[PDB]
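Indometacin bound to Transthyretin.
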Amino acid sequence: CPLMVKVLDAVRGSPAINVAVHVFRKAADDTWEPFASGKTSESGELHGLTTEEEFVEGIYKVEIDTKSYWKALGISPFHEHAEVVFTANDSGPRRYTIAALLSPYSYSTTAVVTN
Amino acid sequence: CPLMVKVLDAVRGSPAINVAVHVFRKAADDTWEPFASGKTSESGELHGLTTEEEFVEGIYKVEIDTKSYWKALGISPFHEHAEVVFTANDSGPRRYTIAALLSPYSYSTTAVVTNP
Amino acid sequence: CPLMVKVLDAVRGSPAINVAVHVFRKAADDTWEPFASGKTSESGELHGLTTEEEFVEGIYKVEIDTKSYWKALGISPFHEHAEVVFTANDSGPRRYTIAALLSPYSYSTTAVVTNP
Amino acid sequence: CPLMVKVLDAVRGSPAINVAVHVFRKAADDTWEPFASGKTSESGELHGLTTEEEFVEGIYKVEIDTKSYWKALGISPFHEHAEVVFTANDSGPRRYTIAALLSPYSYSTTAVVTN
Ligand SMILES: COc1ccc2c(c1)c(CC(=O)O)c(C)n2C(=O)c1ccc(Cl)cc1
Ligand SMILES: COc1ccc2c(c1)c(CC(=O)O)c(C)n2C(=O)c1ccc(Cl)cc1
């Protein structure tokens, strides 16, 4: 699993569950091509988005539908989403965990890139 | 000054200076139309992006060029940018302070929204 | 004004107003001696905690009463406080902006340190 | 495992490995009593700090030696540490993950409290 998304809820101190996540790869014409998507699990995790063969070097956008999440909880969100855009660079072997910590008017995102 | 961007460097504990910031507004055809852009000052602040008149309702995207920032400091960062997308002025005009806190492999973005 | 505290509410996208902030300085006997305290203003800022003369080298602890803040807003928060401990003025006097961003179950604390 | 500490490095995008973590419980005389400690693993995780029998309701301080971590990497840190102070409240069953995201001049901490 070369790309994992973890989403947490800083309001309730919980995994952010059932959050729609879309992954896009930047196409040669500079447009975002849908690549993978899912909903975060009960652990606020989204596994199996892609495989190592599919996850080639490129620019990726991870779009987390944070707004729908906050709408489900009845809390007015600021952001339309959380958009995590990064270069997957092959180098040595790598696994990407895109973590998002969500608040209504704030999100933080971090990459954990490991061997 | 209804839209301000404040960028901080979490490695140096300083304002993130001369960070390029691009603001786009979602057009009727769902494309991102260039709305405004600028550089953060020495205080890591970007003022005068827009006006009360120009800053109408819409979905705005603030794209903060964090990559070029980190690269100029000799760091290869993870993200291409910090990018804040939001509906502005849905309940009437508000003042928006978009703050980004930057680390090479992480950023947070927060909004202070106030009613003038 | 060598020490400023800025508290933001990440739920409301607003300054965190009337947040009690206690500053302690580590004494020679390793105890935390009360150094200064105050409330954040309407802008979520706390100015005038100390002076250049008073704010000597040391290890300082800034304790932000986030719990009472969230409780007054009807939220039972996780943390008792946001609490920033740091060595101040080791390389000579600096200006410190301690910023805290608050969510009921999370906070970030950042320092902007500048040379006057 | 009723209390888990996870520490990440926002500079290198990695688990924060070998970070000393001390857990304290507030004693009746209002002093911090050492309760548990460890060093974060290769996954930046600290498991087995306590047991459900030991982890009674109370006020806990999780102190993360962030400064030593940054000193090891040769990066000048702002904070002496990251001090996470919270009330463990029994309620229904609970597991506490104290996560810290570390930058030299910034730390964020989040609680993930689950069943
Ligand atoms: C006026 O609104 C803000 C917002 C955030 C601020 C600040 C001011 C100042 C200082 C000031 O301008 O007074 C600092 C040091 N801030 C941060 O540390 C910070 C925290 C979270 C994020 Cl996501 C981004 C930046
Ligand atoms: C429930 O347990 C957590 C909590 C946070 C986590 C992770 C796992 C992983 C999983 C991993 O990559 O190992 C990443 C990347 N997390 C973060 O980004 C993060 C976000 C906010 C804070 Cl305050 C601290 C850390």
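As listed: the chains are lettered in turn, A, B, ..., one for each sequence line. Chain A uses the PDB entry numbers throughout; the residues present, in order, are 10-124. Following the PDB entry, chain B shows residues 10-125, kept in their order. Numbering of chain C is taken from the PDB entry, so the residues present carry the numbers 10-125, in order. Chain D is numbered as in the PDB entry; shown residues: 10-124, in order. Start at 1 and go down the list; that is how both ligands and their atoms are numbered. Basis for what follows: all heavy atoms, side chains included, without hydrogens, waters or symmetry-related copies. Header says: X-ray crystallography, 2.1 Å.
With a cut-off of 4.0 Å on heavy atoms, the other chains touching indometacin (ligand 2) are A, D. The 4.0 Å heavy-atom shell around indometacin (ligand 2) contains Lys15(A), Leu17(A), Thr106(A), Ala108(A), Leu110(A), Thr119(A), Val121(A), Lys15(D), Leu17(D), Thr106(D), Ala108(D), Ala109(D), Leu110(D), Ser117(D), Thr118(D), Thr119(D), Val121(D).
Restricting to residues UniProt lists as binding L-thyroxine in chain D, the heavy-atom distances under 4.0 Å from indometacin (ligand 2) involve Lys15(D), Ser117(D). The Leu17(A) neighbourhood of indometacin (ligand 2) comprises atoms 4 (C), 5 (C), with distances under 4.0 Å to a heavy atom of that residue. Taking every non-hydrogen atom of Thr106(D) and a distance limit under 4.0 Å, the qualifying atoms of indometacin (ligand 2) come out as 1 (C), 2 (O). Atom 1 (C) of indometacin (ligand 2) has as its closest protein heavy atom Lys15(A) CE, 3.5 Å. Regarding atom 20 (C) of indometacin (ligand 2), its nearest protein heavy-atom neighbour is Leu110(A) CB, 4.3 Å.
Summary of contacts: the protein heavy atom closest to atom 23 (Cl) of indometacin (ligand 2) is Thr119(D) OG1, 2.6 Å.
The PDB entry identifies the source organism of chain D as Homo sapiens.
Each of the following atoms of indometacin (ligand 2) lies closer than 4.0 Å to a heavy atom of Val121(A): 12 (O), 15 (C). Of all the atoms in indometacin (ligand 2), the ones that sit under 4.0 Å from a non-hydrogen atom of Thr118(D) are 23 (Cl). Scanning the protein for heavy atoms near atom 18 (O) of indometacin (ligand 2), the closest one is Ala108(A) CB, 2.7 Å.
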Are there any N/O pairs under 3.5 Å between indometacin (ligand 2) and the protein, and if so, what are their distances?
from	atom 1	to	atom 2	distance (Å)
indometacin (ligand 2)	13 (O)	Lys15(D)	NZ	2.9

